[PDB]
Visitor: 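Hey, check out rocuronium bound to Fab-IP8 Heavy chain.
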Amino acid sequence: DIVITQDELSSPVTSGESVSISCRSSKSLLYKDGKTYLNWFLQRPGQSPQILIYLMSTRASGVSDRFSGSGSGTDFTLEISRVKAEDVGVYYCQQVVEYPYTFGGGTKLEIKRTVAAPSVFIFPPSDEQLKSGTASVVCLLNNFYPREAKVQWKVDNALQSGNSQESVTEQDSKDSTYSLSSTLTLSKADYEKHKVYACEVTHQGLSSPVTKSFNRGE
Amino acid sequence: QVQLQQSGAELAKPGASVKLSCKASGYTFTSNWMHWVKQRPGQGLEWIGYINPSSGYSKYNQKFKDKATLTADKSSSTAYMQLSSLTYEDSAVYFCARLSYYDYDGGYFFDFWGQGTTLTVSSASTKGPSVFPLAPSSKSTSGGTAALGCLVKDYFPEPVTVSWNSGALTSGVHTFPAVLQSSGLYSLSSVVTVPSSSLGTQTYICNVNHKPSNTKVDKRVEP
Ligand SMILES: C=CC[N+]1([C@H]2C[C@H]3[C@@H]4CC[C@H]5C[C@H](O)[C@@H](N6CCOCC6)C[C@]5(C)[C@H]4CC[C@]3(C)[C@H]2OC(C)=O)CCCC1
């Protein structure tokens, strides 16, 4: 079988800059007819792969003229001339010169953009959840850049530890931001023993930490 | 509209079998070979095989020759993949993809893909989610916009899907990656931002599916 190798990461790029993604095969993909049987796909977050290039350098249907391909028998390059927001995702090369078809491990592309502060939003637990004996408090950081952020929970001004979990979206394909959820989980008993619930966020887009809070039952 | 549509996510026990479907519409099913691809995190993509739906003959990656069995039903325009003697290594997203060929340049490639099917192989029992509102309030407004959402708690296995207003609301939606809780169950939130002006007259419902447990729920989210 042919082994196809790519780099895991591409050095992030700013909108309008060029980028170059490489792929290599353990055997030549140049056939006797002079054509090279290498395809490029882009998989956007949550979606199926979509064809970009076939025969090493032909653009498929509806593929931006910013994409182009080249290479030898065994070394290949996908070139994005003027990168845009919607290019974000994982790029895969695939050889189809022989069965079995084989793919590279994929190259994630992230885009760099201007620093952007999170909008911070806080959500008390639902009465419905409380009835069942747990409280989940949710803090949302919407549409920020870069991805690094710190979210600390304070209950009646005590810093919380070990009772929260975070999750972050992949880079948005229109505005190149991230969003992040922080969920604090308490028993109904513990929730009802305290008053002030606060989410404190530190981020480079913020002069100083923003705190969003509520009082239980307000 | 040429499209491929795959069966929903499944849980199966070690040693059992599953049969995944791929319905083709918008073209003559028998005209295009149907391929299947496996995807796991940090394992890239692996090619499984293809079937010629006109002839019924299928061809495999040697690695999958004992795992996968491809069939096709011409009357229902549906391709099937059976996965046998399941193990934890079979937990993955599986795609179908159609092959096209262009006689004018000799090019061939996968032009249309299914949306994928998640398979989890585990001895643990399924559990459908509890769905709670993330209610819009003054604590979730900014400008003349408000955030609201649904908390989708305590399910197994992955995945859930979340739509808003049956797919009419897509702009501003962020459905977060699931997190594994200490309990061994998953949880996620889906959020959206809307006009604060709209909170009095516009209904917001999250439509939550958990195909592995064969469950669905709608949750109205009120201020
Ligand atoms: C090794 C030699 C084979 N090569 C090619 C040659 C390719 C064939 C060329 C002619 C095509 C006619 C047919 O109508 C096509 N349709 C059938 C219905 O479904 C949609 C597509 C597929 C078709 C049979 C191609 C399938 C893939 C074939 C075997 C390719 O081989 C592989 C491994 O993919 C590889 C390099 C170039 C020659």
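Numbers restart at 1 for each chain; the letters A, B, ... are given by sequence-line order, proteins then strands. Each ligand, and each atom within it, is numbered from 1 in the order the structure gives. Because only heavy atoms are used, hydrogens play no part in the values below, and waters and symmetry mates are left out as well, while side chains stay in.
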Visitor: Curious which chain letters or ligand numbers map to rocuronium here.
Guide: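 All copies together: ligand 1.
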Visitor: Just wondering, which other chains does a 4.0 Å heavy-atom cut-off pick up around rocuronium?
Guide: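 By heavy atoms, the other chains are A, B.
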Visitor: Which residues are in the binding site of rocuronium, using 4.0 Å as the heavy-atom cut-off?
Guide: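 Going by non-hydrogen atoms, it's A:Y31, A:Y37, A:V96, A:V97, A:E98, A:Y99, A:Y101, B:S31, B:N32, B:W33, B:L99, B:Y101, B:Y108.
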Visitor: Is there a protein heavy atom less than 4.0 Å away from atom 26 (C) of rocuronium?
Guide: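 Under 4.0 Å from atom 26 (C) of rocuronium, at least one protein heavy atom found.
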Visitor: May I ask you to identify the nearest protein heavy atom to atom 3 (C) of rocuronium, giving residue, atom name and distance to one decimal place in Å?
Guide: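 Of the protein heavy atoms, A:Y31 OH, 4.5 Å lies nearest.
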Visitor: Starting from atom 19 (O) of rocuronium, what is the nearest protein heavy atom, named by residue and atom, and what distance separates them?
Guide: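 Checking every protein heavy atom, the shortest distance to atom 19 (O) of rocuronium gives B:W33 N, 2.9 Å.
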Visitor: What is the nearest protein non-hydrogen atom to atom 14 (O) of rocuronium, stated with its residue, atom name and distance?
Guide: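 The answer is B:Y101 CD2, 4.6 Å.
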Visitor: What name does the PDB entry of this structure use for chain A?
Guide: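 In the PDB entry, it's Fab-IP8 Light chain.
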Visitor: Provide, to 0.1 Å, the distance between atom 7 (C) of rocuronium and the closest protein heavy atom, together with that atom's residue and name.
Guide: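 Checking every protein heavy atom, the shortest distance to atom 7 (C) of rocuronium gives B:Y108 CE2, 4.1 Å.
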